[PDB]
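One-based numbering along the sequence shown. Remember, it's 1-based here, ligands and their atoms both numbered in the order they're listed.
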Amino acid sequence: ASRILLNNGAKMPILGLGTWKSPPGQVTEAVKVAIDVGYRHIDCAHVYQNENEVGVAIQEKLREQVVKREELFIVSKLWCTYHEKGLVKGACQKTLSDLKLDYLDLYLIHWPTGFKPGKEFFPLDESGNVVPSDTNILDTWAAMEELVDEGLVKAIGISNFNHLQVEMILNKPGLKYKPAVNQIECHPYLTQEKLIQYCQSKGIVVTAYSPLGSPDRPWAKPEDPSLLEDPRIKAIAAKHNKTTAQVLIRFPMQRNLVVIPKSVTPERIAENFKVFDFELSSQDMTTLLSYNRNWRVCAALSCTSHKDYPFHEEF
Ligand SMILES: NC(=O)c1ccc[n+]([C@@H]2O[C@H](COP(=O)([O-])OP(=O)(O)OC[C@H]3O[C@@H](n4cnc5c(N)ncnc54)[C@H](OP(=O)(O)O)[C@@H]3O)[C@@H](O)[C@H]2O)c1
Ligand SMILES: O=C(O)Cc1nn(Cc2nc3cc(C(F)(F)F)ccc3s2)c(=O)c2ccccc12
């Protein structure tokens with residue numbers, strides 16, 4: 001089954017295309033090839049600095065009538081420097097204009113931490129600590145709710161929120177809309193069993209990012225563990241006559257997660273989609289879960305003293 005029901009009553013494709021690090025001169029073609037071979041969900045963000053080029057591809061496939069807008073599920077995220085009440089609508093509208101959309105299907109608070117507003121995405125003090133904004137998760141959440149009530153977004157959600165931060169929103173005085181999704185890092189080295197059961201128990205769908213362990217992350221070190229080169233995972237792939245990436249994509253699908261592998265390589269974009277025709281066993285699933293080592297692609301050092309940094313807390 002290709003889609004999962006959200007608590008806003010809409011259906012979300014469980015496979016989407018990631019766009020973080022997709023070069024602006026390549027992502028248009030990447031998104032066009034992806035829609036041609038079946039993707040109907042694209043994961044975007046203003047901080048990725050490529051939403052205009054993503055939008056060009058979306059607009060072209062709509063114009064070509066390859067797909068209808070109702071058949072696409074387009075996600076974007078509010079960056080940290082825009083948590084302030086007065087900046088949220090403009091931020092969303094800039095994303096909308098760049099993506100050539102009149103609404104988003106899902107708009108996420110990208111990280112629970114607000115940063116000082118301005119031109120800089122990572123405003124720093126002279127010792128390299130991020131400069132916080134005094135804004136809190138709950139006021140930001142009300143501003144997201146306003147977007148729903150203005151018709152600019154169909155669903156709102158969060159990303160990189162821990163257990164206690166999710167609970168903070170679920171317990172918000174006057175909460176009007178629950179988060180639909182919590183998009184978090186998740187792969188066999190960061191299996192997230194506690195956070196996932198909590199969110200799922202509450203009707204919040206979980207999206208897994210960096211499902212392949214983000215081999216193109218700009219801060220990679222050779223001594224880091226490598227999912228795609230892990231012989232243990234490679235063995236499971238071989239047994240199923242699939243590639244290691246295919247196994248790494250099907251794994252979160254079977255945990256009732258949405259997953260958003262990034263590629264700009266047309267052959268891989270198609271390979272990554274061919275994951276609805278094979279099943280990992282229970283034993284495979286528990287074996288992959290056993291590889292957890294709480295290793296994170298995404299946890300910027302410059303942010304670890306922010307009041308709302310999410311990853312001190314166990315989950
Ligand atoms: N919410 C957030 O904070 C957050 C954080 C991180 C990521 N995300 C989202 O999650 C998406 C996916 O995460 P990610 O970009 O970090 O990494 P990823 O999807 O885990 O890995 C992307 C890397 O894998 C390569 N790759 C793709 N398919 C492959 C295949 N079949 N075989 C071998 N290599 C393959 C890509 O190469 P090519 O592109 O050269 O093919 C690229 O180097 C992002 O792009 C973004 O949309 C969200
Ligand atoms: O953001 C993505 O989508 C990918 C992403 N991840 N990271 C690692 C990060 N670690 C963080 C930690 C916090 C924190 F909440 F923990 F304070 C807040 C914000 C971040 S960004 C980056 O540094 C980054 C830089 C440019 C574009 C995308 C990203």
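Between prinomastat, zopolrestat, tamsulosin, the one at ligand 2 is zopolrestat.
Ranked by contacts, the chain bound most extensively to zopolrestat (ligand 2) is, in the PDB entry, Aldose reductase. With the cut-off at 4.0 Å and only heavy atoms counted, the binding site of zopolrestat (ligand 2) comes to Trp20, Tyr48, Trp79, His110, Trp111, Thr113, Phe115, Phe122, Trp219, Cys298, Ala299, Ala300, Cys303, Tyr309, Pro310. Among the UniProt-annotated substrate-binding residues of chain A, those with a heavy atom closer than 4.0 Å to zopolrestat (ligand 2) are the following: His110. Checked by distance only, zopolrestat (ligand 2) and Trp111 come closer than 3.5 Å through their nitrogen or oxygen atoms.
Scanning all protein heavy atoms for the shortest distance to atom 27 (C) of zopolrestat (ligand 2) gives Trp20 NE1, 3.6 Å. Close contacts of zopolrestat (ligand 2) with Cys298, meaning ligand atoms under 4.0 Å from a residue heavy atom, involve 6 (N). Among protein heavy atoms, the minimum distance from atom 22 (C) of zopolrestat (ligand 2) is reached at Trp219 CH2, 3.7 Å.
Contacts under 4.0 Å between zopolrestat (ligand 2) and other ligands or ions: ligand 1 (NADP nicotinamide-adenine-dinucleotide phosphate). Here the heavy atom of the protein found nearest to atom 24 (C) of zopolrestat (ligand 2) is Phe122 CZ, 4.1 Å. Nearest to atom 10 (N) of zopolrestat (ligand 2) among the protein's heavy atoms is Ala300 N, 3.0 Å. For chain A, the active-site residue flagged by UniProt that comes closest to zopolrestat (ligand 2), at the heavy-atom distance given to 1 Å, is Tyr48, 3 Å. Taking UniProt's list of NADP(+)-binding residues in chain A, a heavy atom lies under 4.0 Å from zopolrestat (ligand 2) for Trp219.
Below 3.5 Å of separation, one finds an N or O of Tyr48 facing an N or O of zopolrestat (ligand 2). Residue-to-ligand polar distances place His110 within reach of zopolrestat (ligand 2): an N/O pair is separated by less than 3.5 Å.
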Identify the protein atoms, limited to N or O, that lie within less than 3.5 Å of an N or O atom of zopolrestat (ligand 2), and list each pair with its distance to 0.1 Å.
unit_1, atom_1, unit_2, atom_2, d
zopolrestat (ligand 2), 1 (O), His110, NE2, 3.0
zopolrestat (ligand 2), 1 (O), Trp111, NE1, 3.0
zopolrestat (ligand 2), 3 (O), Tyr48, OH, 2.7
zopolrestat (ligand 2), 3 (O), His110, NE2, 2.6
zopolrestat (ligand 2), 10 (N), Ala300, N, 3.0

